[PDB]
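Next up: a structure with aminopterin.
To match the PDB entry, the residue numbers of chain A are left as they are there, and the shown ones run 24-228. We read in the header that X-ray crystallography, 2.3 Å was used to get this structure. Counting starts at 1 for both ligands and their atoms, following the listed order.
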Amino acid sequence: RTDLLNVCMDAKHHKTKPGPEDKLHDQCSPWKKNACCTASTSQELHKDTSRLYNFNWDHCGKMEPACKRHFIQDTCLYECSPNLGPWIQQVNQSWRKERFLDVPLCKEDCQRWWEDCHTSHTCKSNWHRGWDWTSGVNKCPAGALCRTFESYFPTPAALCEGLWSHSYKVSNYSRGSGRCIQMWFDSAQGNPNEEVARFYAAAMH
Ligand SMILES: *[C@@H]1O[C@H](CO)[C@@H](O[C@@H]2O[C@H](CO)[C@@H](O[C@@H]3O[C@H](CO)[C@@H](O)[C@H](O)[C@@H]3O)[C@H](O)[C@H]2NC(C)=O)[C@H](O)[C@H]1NC(C)=O
Ligand SMILES: Nc1nc(N)c2nc(CNc3ccc(C(=O)N[C@@H](CCC(=O)O)C(=O)O)cc3)cnc2n1
Ligand SMILES: [Cl-]
Ligand SMILES: [Cl-]
Ligand SMILES: [K+]
């Protein structure tokens, strides 16, 4: 229960423990009061093919800004959230010992993400496994054609749930209900996802 709260997962860049980061860059700044990412990490993850994982979002031509902002926001959450304890799973990968499974993403966040990416393209419905890495950057592998986002993600859930091997599940709860993790939030009344982590930590027990 409580041991799942306010933790950082054992992954490539994560800090060991949550802590204030007043200099979090741009989109990551709402995490500045309590975060699992360093300022350095937040700065780098905004860049195209950043040194974080050498991951290229423009693998099928340039990805539109309206769409890119969501992938950037998603990376901020992955790298900076101290509130995903309840969904942390043990995996034995070379670059992380842990990851998330079935984080209850607010349906609107997923809907908006999916909608904003319609004009963009990709060659894969899962961005976690199957890329051609031989060049040092992910490239479209054999058998993978470039298509519109909707071809590979026919619905919002296909995007949010398929993208990183089910790191998210789409929650039927809405933004501000306190019953789902929000990707996008202002920290006016603090981080809305603490309450959420606290709720499921107990509810999933
Ligand atoms: C996900 O959440 C939404 C609510 O945000 C759920 O929608 C509601 O579903 C019920 C039926 O299961 C709808 O009810 C039918 O509604 C009409 C009234 O408009 C009523 O006359 C019928 O007797 C019947 O109850 C209800 O309208 C709908 N809510 C809204 C605001 O439209 C949905 O069920 C949830 N999904 C799951 C899988 O739980
Ligand atoms: N929940 C969540 N949210 C994110 N934003 C997120 N972003 C990334 C981006 N960083 C990546 C790093 C490595 C790979 C990689 O080496 N893939 C191999 C699999 C084999 C292996 O494991 O080596 C392949 O292509 O076959 C792919 C992506 C990764 N996970 C994420 N998870
Ligand atoms: Cl807008
Ligand atoms: Cl693996
Ligand atoms: K959070």
Specify the chains or ligands that represent aminopterin.
ligand 2
What does the PDB entry call the chain with the greatest number of heavy-atom pairs under 4.5 Å to aminopterin?
Folate receptor beta
Heavy-atom distances under 4.0 Å decide this one: backbone, side chain, both or neither, for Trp154 against aminopterin?
both
For atom 17 (N) of aminopterin, which protein heavy atom lies nearest, and how many Å away is it?
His151 O, 2.6 Å
Name the closest protein heavy atom to atom 20 (C) of aminopterin, giving the residue it belongs to and the distance to 0.1 Å.
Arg152 NH1, 3.8 Å
Considering distance alone, does some N or O of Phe123 sit under 3.5 Å from an N or O of aminopterin?
no
Answer side chain, backbone, both or neither: which part of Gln96 comes under 4.0 Å from aminopterin, heavy atoms only.
neither
Can you list the aminopterin atoms lying under 4.0 Å from a non-hydrogen atom of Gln116?
22 (O)
Please could you name the atoms of aminopterin that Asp97 approaches to less than 4.0 Å, counting only its heavy atoms?
3 (N), 4 (C), 5 (N)
Looking only at protein heavy atoms, identify the closest one to atom 10 (N) of aminopterin and say how far it is in Å.
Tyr76 CG, 3.3 Å
What are the atoms of aminopterin, with element, lying closer than 4.0 Å to any heavy atom of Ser190?
1 (N)
Atom 28 (C) of aminopterin: the protein heavy-atom neighbour that sits closest, reported with distance to 0.1 Å
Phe78 CD1, 3.8 Å
Atom 16 (O) of aminopterin: the protein heavy-atom neighbour that sits closest, reported with distance to 0.1 Å:
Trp156 NE1, 3.5 Å
Please state which protein non-hydrogen atom is closest to atom 32 (N) of aminopterin and give its distance, to 0.1 Å?
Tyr101 CE1, 3.5 Å
What protein heavy atom sits nearest atom 21 (C) of aminopterin, and how far off is it?
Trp118 NE1, 3.7 Å
Considering heavy atoms of the protein only, find what lies nearest to atom 7 (N) of aminopterin and give residue, atom and distance to 0.1 Å.
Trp187 CH2, 3.4 Å
Please verify whether a non-hydrogen atom of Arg119 lies at under 4.0 Å from aminopterin.
yes
If you draw a 4.0 Å sphere around every atom of aminopterin, which residues of other chains have a heavy atom inside it?
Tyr76, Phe78, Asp97, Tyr101, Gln116, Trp118, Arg119, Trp150, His151, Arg152, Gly153, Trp154, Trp156, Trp187, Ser190
Check each N or O atom of aminopterin against all protein N or O atoms and list the pairs under 3.5 Å, with atom names and distances to 0.1 Å, one per line.
unit_1: aminopterin; atom_1: 1 (N); unit_2: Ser190; atom_2: OG; d: 3.4
unit_1: aminopterin; atom_1: 3 (N); unit_2: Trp187; atom_2: NE1; d: 3.4
unit_1: aminopterin; atom_1: 5 (N); unit_2: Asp97; atom_2: OD2; d: 2.9
unit_1: aminopterin; atom_1: 5 (N); unit_2: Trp187; atom_2: NE1; d: 3.4
unit_1: aminopterin; atom_1: 17 (N); unit_2: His151; atom_2: O; d: 2.6
unit_1: aminopterin; atom_1: 22 (O); unit_2: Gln116; atom_2: NE2; d: 3.0
unit_1: aminopterin; atom_1: 22 (O); unit_2: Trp118; atom_2: NE1; d: 3.2
unit_1: aminopterin; atom_1: 25 (O); unit_2: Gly153; atom_2: N; d: 3.2
unit_1: aminopterin; atom_1: 25 (O); unit_2: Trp154; atom_2: N; d: 3.0
unit_1: aminopterin; atom_1: 25 (O); unit_2: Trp156; atom_2: NE1; d: 2.9
unit_1: aminopterin; atom_1: 26 (O); unit_2: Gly153; atom_2: N; d: 2.7

